[PDB]
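So, a structure with DMP-450 in it.
Order of the sequence lines fixes the chain letters, A, B, ..., with proteins taken first and strands second; residue numbering starts at 1 for each chain. Note that ligands are numbered from 1 as they come in the structure, with each ligand's atoms numbered from 1 the same way.
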Protein chains: 2
Amino acid sequence: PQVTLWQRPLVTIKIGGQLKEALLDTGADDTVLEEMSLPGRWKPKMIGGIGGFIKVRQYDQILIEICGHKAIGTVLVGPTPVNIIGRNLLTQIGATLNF
Amino acid sequence: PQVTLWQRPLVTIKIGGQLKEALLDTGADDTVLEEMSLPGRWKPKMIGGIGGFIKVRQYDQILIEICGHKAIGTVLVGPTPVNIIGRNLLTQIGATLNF
Ligand SMILES: Nc1cccc(CN2C(=O)N(Cc3cccc(N)c3)[C@H](Cc3ccccc3)[C@H](O)[C@@H](O)[C@H]2Cc2ccccc2)c1
């Protein structure tokens, strides 16, 4: 669908039997989910953000269902304020920005 | 234009008489630009992301051109590594995000 940006673009995701809401984020290279039980199998990783690095864990090959859209990639879970879908997954959903 | 998200969506702004590139970022509600020479007065403000919070200076009523499209709005300037165009300008140049 077409999201305007008057309001944060949120979407519902399903992920490991859990239902969440997450920001569709084009500046984020990586999807970051706040803490969750994902079964695995993860390595650690640190990403940077605005003013600081966080230690996050990398799960790979995780089915996410974002709107009616199944996709699979890496998600990182970690102590984020807000769950964020970045461009590793936005490219699978076929997201576009238009201006 | 339409940009797909296979790489970072970066566009040139002209601001303050200066040319820069900035990220177009749907997930940011404010624009945050690395440290630069902008005139005016400004107020202290603190903003948070991943990692935590930065204090930026806030300037208001600033002319940005982002591709060939002018915008006036609040620009926060401060320590960030990436200059971000966030929803407040993005709304004005009419970006939409579609999938
Ligand atoms: N790799 C990666 C994955 C996930 C998140 C980030 C880090 N980000 C942020 O810190 N943000 C704070 C940010 C950035 C700009 C403006 C504001 N208002 C906030 C928000 C995400 C966010 C966090 C918390 C609350 C709301 C949103 C922004 O929407 C994201 O695009 C990037 C912007 C960015 C900063 C530094 C380096 C690269 C990219 C990076």
- [ ] Look up in the PDB entry the name of the chain with the most contacts to DMP-450 (ligand 1).
- [x] HIV-1 protease
Open item on the list: Quick one: other chains with a heavy atom closer than 4.0 Å to DMP-450 (ligand 1), which letters?
Closed with: A, B
Task: DMP-450 (ligand 1) binding site, heavy-atom cut-off 4.0 Å - done: A:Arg8, A:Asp25, A:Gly27, A:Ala28, A:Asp29, A:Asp30, A:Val32, A:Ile47, A:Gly48, A:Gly49, A:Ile50, A:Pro81, A:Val82, A:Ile84, B:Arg8, B:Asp25, B:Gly27, B:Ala28, B:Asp29, B:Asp30, B:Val32, B:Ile47, B:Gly48, B:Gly49, B:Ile50, B:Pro81, B:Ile84
Task: A:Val32: numbered DMP-450 (ligand 1) atoms lying under 4.0 Å from its heavy atoms - done: 3 (C), 4 (C)
- [ ] Considering heavy atoms of the protein only, find what lies nearest to atom 18 (N) of DMP-450 (ligand 1) and give residue, atom and distance to 0.1 Å.
- [x] B:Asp30 OD1, 2.8 Å
Task: Within-cut-off N or O pair, A:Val82 and DMP-450 (ligand 1), under 3.5 Å - done: no
TODO: Show which atoms of DMP-450 (ligand 1) fall inside a sub-4.0 Å distance from at least one heavy-atom site of B:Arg8.
DONE: 38 (C), 39 (C)
Could you go through DMP-450 (ligand 1) and note, for every N or O atom, any protein N or O atom closer than 3.5 angstrom, writing the atom names and distance to 0.1 Å, or 'none'?
unit_1, atom_1, unit_2, atom_2, d
DMP-450 (ligand 1), 1 (N), A:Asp30, OD2, 3.0
DMP-450 (ligand 1), 10 (O), A:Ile50, N, 2.9
DMP-450 (ligand 1), 18 (N), B:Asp30, OD1, 2.8
DMP-450 (ligand 1), 29 (O), A:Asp25, OD2, 2.8
DMP-450 (ligand 1), 29 (O), B:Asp25, OD1, 3.3
DMP-450 (ligand 1), 29 (O), B:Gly27, O, 3.1
DMP-450 (ligand 1), 31 (O), A:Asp25, OD1, 3.0
DMP-450 (ligand 1), 31 (O), A:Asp25, OD2, 3.4
DMP-450 (ligand 1), 31 (O), B:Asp25, OD1, 3.0
DMP-450 (ligand 1), 31 (O), B:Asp25, OD2, 3.3

